[PDB]
Amino acid sequence: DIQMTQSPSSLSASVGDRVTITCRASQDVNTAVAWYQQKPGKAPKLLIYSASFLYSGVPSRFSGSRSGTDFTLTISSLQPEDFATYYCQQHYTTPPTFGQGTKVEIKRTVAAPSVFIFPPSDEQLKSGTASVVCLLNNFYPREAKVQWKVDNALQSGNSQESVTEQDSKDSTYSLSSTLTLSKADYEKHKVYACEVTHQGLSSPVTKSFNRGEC
Amino acid sequence: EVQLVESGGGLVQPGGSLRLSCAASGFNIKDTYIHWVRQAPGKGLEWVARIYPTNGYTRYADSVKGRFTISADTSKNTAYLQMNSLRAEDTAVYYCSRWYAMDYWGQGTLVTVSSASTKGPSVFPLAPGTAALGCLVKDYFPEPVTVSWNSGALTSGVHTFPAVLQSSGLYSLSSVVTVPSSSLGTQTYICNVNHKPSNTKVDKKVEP
């Protein structure tokens, strides 16, 4: 068994930058190292084989280098298209073993979110459960805080967040925050508020509605 | 073109059996090793097993040795993975690849190990110079779901959030699109939601 220790786990770099990903082998692996690029929810594509050879139809921006047990992938001028998780592999011995991977985030200029608040639909109400949905659209970076203010009080653990992958064209993320409340519990309270803090708003922004009222 | 097509994926009970299958096309599997590689939700690639079809010699990762069986058939130019004694740990996208690294990969097949039975989603509107609107796709199992807008006509400014697994064990996500509000009333807005596992199809028209 040979271990491949890939670093860093995750990295941010700006378009045009020269990004460098390392992977160290636990023993001599001679030349038997490959590099893959996996897009969110697709199969890996082979980039570099026998440690240093560019694979068919991969952009010339990608290069590959070996120094003993240390192996290096170098993307010379990072493009938007190169947003992915990247994995070194060794195939010297059996089993062949994959690094933990490194997620390449595109760093861009800071972008406040557009915030929107969505009261339950009338259709969901008549089923006995209510989902208040808060949208934070097209922001950078990914770090954001969302607190719910139902009847002006904080909420805890009655909220689920989900965030999109970095967009191909504008490199921003969107986020969703969904407060789950019983039909009964919901009807009880008047004000429903979604309060956001992000590096690119001066002060925290709150969007709200008053239950039912247009 | 060289091409590898997986099939046989789907939703199995813990401990159940499921037989994946990898059809090679554009070369002979006599001439190469075939591996299975998988990926758990939001996790790394993990090598599962390999086989040299010519003589059927097989090597396994230790997390599956004795439960999984790899095999091949040169005459059908196809490789197999016989998954037995399945555990929640085995839920993953299973890919098929050949060998001098792994140059061609199949599309992947989703295997989900769970006791939870099939359930179609409920779909609810998110009612709205820019406006935001969308659909709530709630209480379905298993993954995956498909959400289109206006039968695929509308793709600019669309955000279909990854599903969360709720405390119930049922999945939920939200699909939203951003439009000029000048377009409201001029364009009709319909989310198309397809959950093949259930045989569930739903079109919800979203209006203020």
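Chain letters run A, B, ... following the sequence lines, proteins first, then strands; residues in each count from 1. Method on record in the header is X-ray crystallography, 2.8 Å.
Looking at chains A and B, one finds the drug trastuzumab.
Per the entry, the name for chain A comes out as Herceptin Fab arm light chain.
The PDB entry designates chain B as Herceptin Fab arm heavy chain.
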